[PDB]
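Worksheet for the structure shown next.
Below, chain A is the first sequence line, B the second, and so on; all start at residue 1. The analysis underlying the following values was restricted to heavy atoms, covering all of them including side chains, and did not include hydrogens, waters or symmetry mates. Structure method, as recorded: X-ray crystallography, 3.2 Å. Counting convention: from 1, in listed order, for ligands and their atoms alike.
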Amino acid sequence: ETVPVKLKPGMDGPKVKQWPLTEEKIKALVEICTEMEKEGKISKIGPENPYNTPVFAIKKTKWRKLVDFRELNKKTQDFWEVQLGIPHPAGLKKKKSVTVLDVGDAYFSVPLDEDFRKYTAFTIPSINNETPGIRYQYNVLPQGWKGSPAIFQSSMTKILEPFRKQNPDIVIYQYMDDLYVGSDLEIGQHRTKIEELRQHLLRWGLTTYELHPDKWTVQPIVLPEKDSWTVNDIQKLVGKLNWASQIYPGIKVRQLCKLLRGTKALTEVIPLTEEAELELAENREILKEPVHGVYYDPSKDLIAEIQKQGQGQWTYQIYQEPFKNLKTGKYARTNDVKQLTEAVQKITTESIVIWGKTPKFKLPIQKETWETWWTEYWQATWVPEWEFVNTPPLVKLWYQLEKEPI
Amino acid sequence: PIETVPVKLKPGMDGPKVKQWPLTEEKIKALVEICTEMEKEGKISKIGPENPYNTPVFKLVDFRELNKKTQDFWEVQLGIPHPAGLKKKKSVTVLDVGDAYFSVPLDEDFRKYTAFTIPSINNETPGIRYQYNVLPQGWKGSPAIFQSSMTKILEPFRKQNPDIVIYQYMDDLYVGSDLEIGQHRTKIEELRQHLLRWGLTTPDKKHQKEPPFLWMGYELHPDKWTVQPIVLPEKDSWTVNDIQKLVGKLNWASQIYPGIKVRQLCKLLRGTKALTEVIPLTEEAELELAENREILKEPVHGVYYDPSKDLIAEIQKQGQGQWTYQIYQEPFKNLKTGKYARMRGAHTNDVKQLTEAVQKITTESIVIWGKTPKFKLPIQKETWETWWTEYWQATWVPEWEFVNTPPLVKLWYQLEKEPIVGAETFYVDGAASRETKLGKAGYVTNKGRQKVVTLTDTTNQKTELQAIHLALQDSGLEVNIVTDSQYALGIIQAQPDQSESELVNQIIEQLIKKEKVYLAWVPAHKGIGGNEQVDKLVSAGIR
DNA sequence: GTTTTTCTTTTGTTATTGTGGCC
RNA sequence: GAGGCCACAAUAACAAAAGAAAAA
Ligand SMILES: O=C1Nc2ccc(Cl)cc2[C@@](C#CC2CC2)(C(F)(F)F)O1
Ligand SMILES: [Ca+2]
Ligand SMILES: [Ca+2]
C-alpha cells in the first residue's frame, strides 16, 4: 500500500540543472538504470514532466547511483520531520564502538505514492548533447529521499523489535539509509553482534569501524612556550589572543601590550615582567579549561567550517552561533580535494551520531572545482548542504594550536 | 499512429481569449485556401460556438499567449553539440524530415485551446473558425513533443543497426557510418523506409545534399570541420554598436583561430553610450585589432575526436590578463582553441588566474568529450607548488607538465617568514576622514626616522596602503614593516600582479626591487609601542 | 550601544547588445 | 499583433546574498 504524500502550498517541484558527467560515469549510470527499469523500480518518462533532480555515479567497489535529492527534501520537510520524524537518542554518542552499514535495498520494495512520483524525475545526460537525455522517475521509495525513512519507519521498528527486546542496552538509530548501532562490547564481541543483524536482516530482504564516539574529545589551544621573547614574538601572540577573546572573553592582553613600550626593533628581546608573565599564565589556564556557556539548540542549523591549515592537515569547527563551537578538531591525511571530501564525510558522520543532523558546510574551495571532483571520492549515501567561502587568516592561525592526539 | 503526449496548461490558467482583427480582402482570400487545404488533410478542423477560445492569425498563428499559458517542459537539446566532439566518419547523410510537425497528432483534450478565426470581409457576419489536430507551428510544446516522437521512432532502427550514429536536431536527422558509400546508401534508404512507416518523409537519394554540410554556422566535412570566413570590416570611424559587432565576430572565431584577443576592444565598450555614439579607438585597441586581422587571414580547420588517444590542452599567457589555449590529440592538429577573460576580483594573481583558465577548460572538456585533458602549462612545477601550499583555498589539477613557451608565469616576489635582523623596523599606519575624505599616512622607525604626508579625496584603507608605499619607497633593500590594517595586509600577501587600482600595482614593483620584506600585523587602538607613535602622527589632522 | 558604510579573496540574478543559428 | 527561441559572449543593473573590515 502507499502513503499519501504532498508538498506544501507555496512549493513547486524540484527543477535543478544536471552537472555534466564524464563518459565513464554515464555508461555506468545507463547500465544501472536499465536494470532498475527491468525490475519495475524506475520508469522512463516524457517531456511533459518539467521537474528534475541531479544524478551522479559514486564509488561505493562496483559503481553505484547517487541521486542528489537535497532540493526535494527541503520541499517535503514538514512531512518527514513533523508528521513522521524520528527522535534522537542522546545515548548513542556514549557507546564505546558504534558501527553502521547500508540499509539501502530496504526501500526498493515499497511502492511510492503515484501522485508524487513525478517529482522524483532525474535525467541521465549525454556527451556533447548528442542525444536527448534519458529521463526516469521513481515507482518505489528512493534511496536518498528523507521521506523514505519516515514511511518505512512504521515498518522499521517491527524489523528491529525482536533484537531490541533481546539486547536492550544497545541503541539503534537510522539516518537516511544507514543504521547506527552502538555498543560497549569488546572488539571481538562487537564483530559477533554485527553478523547477528546481518543474518537477521536477510530475513526481510536487506543485504549489507568507527570505534570513535568516546574518542571525539575537544583539544585545548596550546600557546607557545619560549625562553626569550622578541618584540615580534609578543606582537603576534597579542593579535591572536586579542581575536580569540571573541571565543574566550576571559583572555587579557594588557600586561603584554605594556611590555611593548616605544618603537623597538622587531628582533629585540623583551623580558616578561612578573605582571605580564602572570597574564600569559592566566590565559594559558583559560585555554586548557573546557569552553563554557555554549549549549546545543535544536531549532537551529548546525554549521561546519573547515580551514586548509597546512599541507596534509585540516582544522574544523561545528557551531551554530559564531565562536560558540560545539566541536573543534583536526583531520590529517591524496590531494586537497580528496582530503576535503574525506574530511567533509567524517565530520558529517560525527555530527549525525551526536545530534542526528548534518551541518551546512563552509568549504574553502572554488565551487566549480568542487563540482568537478567531489564524486571522485564521495562514498556516502547522503549529500549535505554546502557553501563556498574564504578563510580569514586569523581563523587558521588561531585553530592551528590545538593539541594533536598521540 | 503516433500516440499523443498528454499536455496541460499552467495551473490555474484558461486558454487564450484574444480578439481577431480584420484583414485585407486579398489576405482573407489567401488564408481561406490555405486552411481549406489543411482541413482536407486533417491538420485542422472547423469548430463552432461551443469553443470560447481564440488566437489571432499571424508560423500561421501567433501563439504568444497560448505559449505563456502552456505548461513548462523539460529542456530539449539544451546545449548544442560542438563539432569537435563528433567522431570521424567516412559516409554522412542528412535527411530533413519534411512534414515533421504535421505528422504528430495533438493531445485531444488540448486541441480546444488552439482555436483561431478567419474573419469575413464585411465583418458584420462572423468568420470561419478552426482548431489544430496536430502540433501547431510555433506552439511552445511542438519542438519537445516532436523530438519525443522522433526518438521513439528511431529506437528500433538504432537497435538493429548499432554501428550507425543518428543525431537528431530540429527537423533534421544527421546519419553517419563507416560503411562504404554503397552500403551506406543502402542503410539510408532503409532508414527512409522505416521513417515513412510513420508518415515522416525525407529526400530520396537524388535530392539528399552532398557534404560539406552547413549547420549552426559550422561547415561539417566527413573528416574536418570549419567555420565560414570572418570579415572584420575596415572603417575609419567606429560606433559603440560597431565595436559590439567586432567583439561578437571575434569571439565567434575564438574556437578555431588560436590567440584571438578582445580585452582592449572590450574596454572601449565600458562607457554606457548610445549605440550611435562614435567612439575613438585607443591604440592598444588599434593594435590588437590588427593582430586579430592577421590571425583571420590564415586558413584553419579542426579535426574530430579520436576516442583512442589522449586529449592535450596547452595554454599561453597572451597578454594583459588574457589567456589562450589549444586542444589537440596530435601535435599540430587541434580539435579546437579558445580564450579566457577572468578578472573576477580586483586583485588577481597570474598563478591563480591560470588555475582558473585550467578549471574552465576542464569543465568544457567534460561536456564535449566526456573526459578531462592533460595540460601543458607555462608555469614551473615548483613555482606552482610553493604557491598552492601557502594558499588558503584548495584546488586540484590532476595531470599537467611544464612547457617552456614564454611568457612564463612566476611569482614576482615572496615575503619573509621571519623578521630581518638589521633591517630598519618601520611602523606604518594611516587615517582618513569619515566625511571630508582628507587623510594622512606615515611611518616611524626604531632608528629614529619619521615622515608624514597629506592626502586628499581618499579613504582610511587607501591611506593605509599609501603608508606601506612610503616605508618601501624610503627604506633599503631589507626592511620590516608593521601595519594595523588586515585589509592592507591581505592585498599584499595575495601577490597581485594585476590590480584595478593604479596604486596597488606600484607597491608590487617596489617589492620586486627590495629583496627582503617582512610584513606583519598588530591590532589597532591597543597601545602597542611603535604602532602608537605613528597612530598619533597620522590621525593628527582630522582623527 | 548596535546600526551605518567600505572592500572583497564566496555565490547568484534580470535586462541590453553582439556573433552563430533555428522556426 | 511594440517576433519568439537556443548557445556563447560583452555591457549595464540588484546584489537586500554571503563574508570580512573599518569607522562612528
Ligand atoms: O559523430 C558524428 N560524426 C560526424 C562527422 C561529420 C559529419 Cl558531417 C557529421 C557527423 C555526425 C553529426 C552531427 C550533428 C552536428 C549534426 C553524424 F552523425 F554523422 F551526423 O556525427
Ligand atoms: Ca588606522
Ligand atoms: Ca543572428
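At ligand 1 one finds the drug efavirenz.
In this PDB structure, the PDB entry names the chief binding partner of efavirenz as reverse transcriptase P66 subunit. The letters of other chains with a heavy atom under 4.0 Å from efavirenz are B. Defined by non-hydrogen atoms within 4.0 Å, the binding site of efavirenz is B:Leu86, B:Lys87, B:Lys89, B:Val92, B:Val165, B:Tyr167, B:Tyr174, B:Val175, B:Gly176, B:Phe213, B:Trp215, B:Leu220, B:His221, B:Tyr304.
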